[PDB]
Participant: 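The following entry shows suvorexant complexed with Orexin/Hypocretin receptor type 1.
Since chain A takes its numbers from the PDB entry, the residues it shows come out as 45-245, 247-253, 286-377. Whatever order the structure lists them in is the order used to number ligands and atoms, beginning at 1. These numbers come from the heavy atoms of this one structure, side chains and all, not from hydrogens, waters or symmetry mates. The deposited model was determined using X-ray crystallography, 2.3 Å.
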Amino acid sequence: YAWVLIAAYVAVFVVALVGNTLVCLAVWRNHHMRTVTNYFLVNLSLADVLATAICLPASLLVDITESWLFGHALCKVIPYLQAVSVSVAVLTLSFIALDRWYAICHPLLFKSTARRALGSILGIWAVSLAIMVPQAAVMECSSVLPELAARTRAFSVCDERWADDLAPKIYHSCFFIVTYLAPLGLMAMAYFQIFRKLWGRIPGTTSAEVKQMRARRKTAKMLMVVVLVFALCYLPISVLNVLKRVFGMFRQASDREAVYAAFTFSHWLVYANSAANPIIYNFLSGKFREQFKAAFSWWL
Ligand SMILES: CCCCCCCC/C=C\CCCCCCCC(=O)O[C@H](COC(=O)CCCCCCCCCCCCCCC)COP(=O)(O)OC[C@@H](O)CO
Ligand SMILES: Cc1ccc(-n2nccn2)c(C(=O)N2CCN(c3nc4cc(Cl)ccc4o3)CC[C@H]2C)c1
Ligand SMILES: CCCCCCCCS[C@@H]1O[C@H](CO)[C@@H](O)[C@H](O)[C@H]1O
Ligand SMILES: CCCCCCCCS[C@@H]1O[C@H](CO)[C@@H](O)[C@H](O)[C@H]1O
Ligand SMILES: CCCCCCCCS[C@@H]1O[C@H](CO)[C@@H](O)[C@H](O)[C@H]1O
Ligand SMILES: CCCCCCCCS[C@@H]1O[C@H](CO)[C@@H](O)[C@H](O)[C@H]1O
Ligand SMILES: CCCCCCCCS[C@@H]1O[C@H](CO)[C@@H](O)[C@H](O)[C@H]1O
Ligand SMILES: CCCCCCCCS[C@@H]1O[C@H](CO)[C@@H](O)[C@H](O)[C@H]1O
Ligand code: NA
């Protein structure tokens, strides 16, 4: 099982790095690709490259070795960077939904520009880097056998140190609602209103109006799949974290092999999301597909 786990993580690492580099290059090299949505998709690729490059290898060895092998400093930094990546991804997806919902359902309120999208992107990172400092603060690295700590990192564990039973419950309830439930629930409702608008009806609309709607239907369909795939990828880890930290589950030693398997798969699934997003754009965006086809007809 350990080598299938290695092969799964390695496939995702390679596909996510190549795929997300291609997303950044496509938007950067082509003016026709520089849409508000594509600026936010590049930001989602930056969040996903942060998780793929630094957090994915750490999670693979923790899942295999069942120990922390990166020292005390990295015990704070790597969990922090993973929390930052999720906050960036989910706020990026939220801002795309917000942009599309305003552009489509309430067209005359706010202006949707690339410069305003870059302003939002900076704000997303500023917020995410700050709100995830409590995660870095609670991370502690400790040996199960303190006398072996000098000799080896084999019995070293990276985990959250909580001074009371109440604080982890409030924190993990807030983490779930802020980074998963409230933005996805709101995004689901936004896309349902976008769907009703784009796939309904108004006579006497111009050539530029009719063409923009056809283009919008194609993009909205793609974004709905990205949001649904994100909701599915992050659902097992969210459920497991809430069950473990809010409801005090999985503390029995008899269940440890089934618990580790469930968390190992759930951590992998989060990383599979970074590999999924460029694959979704390839199949649901003709603009990205054309770019990827040109990249692979050149590189290979
Ligand atoms: C930290 C997060 C911040 C980032 C979040 C930003 C990202 C979000 C992007 C865009 C937001 C646009 C939201 C658009 C909201 C659309 C809301 C809405 O009206 O949806 C209706 C269904 O919901 C309803 O009945 C209401 C039912 C509510 C469902 C309750 C489940 C909770 C899910 C979680 C909710 C969290 C809310 C937190 C508030 C702060 C169907 O509509 P419809 O046209 O038929 O007419 C309405 C009526 O006449 C029919 O009941
Ligand atoms: C490995 C991994 C992947 C995704 C996760 N996720 N859950 C919700 C959203 N995303 C988590 C997780 O359970 N998180 C996020 C941050 N945390 C974390 N611990 C990490 C350990 C390693 Cl080796 C690498 C990254 C790590 O991120 C601990 C607190 C908790 C909230 C852990
Ligand atoms: C953005 C990152 C900023 C945090 C500072 C990181 C400095 C490297 S620490 C160093 O890294 C190795 C990696 O394998 C471990 O083996 C060592 O034991 C550990 O001491
Ligand atoms: C953008 C604002 C900067 C975010 C900084 C937090 C990132 C985790 S690094 C970690 O921070 C600890 C706080 O718990 C310090 O004790 C250590 O020096 C260091 O290892
Ligand atoms: C921000 C939302 C935080 C709500 C999380 C509360 C955790 C639900 S379990 C609950 O926790 C109580 C407090 O520790 C205990 O008295 C009970 O025995 C136990 O059933
Ligand atoms: C904020 C993140 C935590 C939210 C989790 C929602 C589920 C809690 S309801 C749960 O359901 C049981 C029956 O199944 C009942 O005995 C109790 O009333 C209660 O413990
Ligand atoms: C999305 C994540 C939310 C998952 C739903 C949580 C519902 C679990 S019921 C709740 O949990 C514990 C045992 O399961 C006990 O401590 C409580 O007495 C019981 O009432
Ligand atoms: C490729 C197919 C391999 C899938 C492996 C599935 C293993 C199921 S273990 C089973 O899971 C339940 C979850 O509901 C828990 O209640 C139990 O404690 C636990 O024993
Ligand atoms: Na992601």
Participant: State which chains or ligands correspond to suvorexant.
Facilitator: ligand 2
Participant: Looking only at protein heavy atoms, which one is nearest to atom 2 (C) of suvorexant, and how far off is it?
Facilitator: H344 CD2, 3.5 Å
Participant: Show the atoms of suvorexant that are less than 4.0 angstrom away from any heavy atom in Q179.
Facilitator: 28 (C), 29 (C)
Participant: Closest non-hydrogen protein atom to atom 13 (O) of suvorexant, residue and atom name please, with distance?
Facilitator: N318 ND2, 3.0 Å
Participant: Which suvorexant atoms does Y348 reach within 4.0 Å, using its non-hydrogen atoms?
Facilitator: 1 (C), 3 (C), 24 (C), 25 (C)
Participant: Identify the closest protein heavy atom to atom 21 (C) of suvorexant: which residue and atom is it, and at what distance?
Facilitator: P123 CG, 4.4 Å
Participant: Of all the atoms in suvorexant, which lie at a distance below 4.0 Å from a heavy atom belonging to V106?
Facilitator: 23 (Cl)
Participant: Taking only heavy atoms of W112 into account, list the atoms of suvorexant that are under 4.0 Å away from them.
Facilitator: 23 (Cl)
Participant: At less than 4.0 angstrom from any non-hydrogen atom of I122, what atoms of suvorexant do you find?
Facilitator: 24 (C)
Participant: Which transmembrane segments of chain A (UniProt, counted from the N terminus) have a heavy atom under 4.0 Å from suvorexant?
Facilitator: 2, 3, 4, 5, 6, 7
Participant: Help me out: UniProt suvorexant-binding residues in chain A, which have a heavy atom under 4.0 Å from suvorexant?
Facilitator: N318
Participant: Just which atoms of suvorexant are under 4.0 Å from any heavy atom in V130?
Facilitator: 9 (C), 10 (N)
Participant: Which chain residues come within 4.0 Å of suvorexant, judged by heavy atoms?
Facilitator: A102, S103, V106, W112, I122, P123, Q126, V130, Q179, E204, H216, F219, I314, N318, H344, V347, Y348
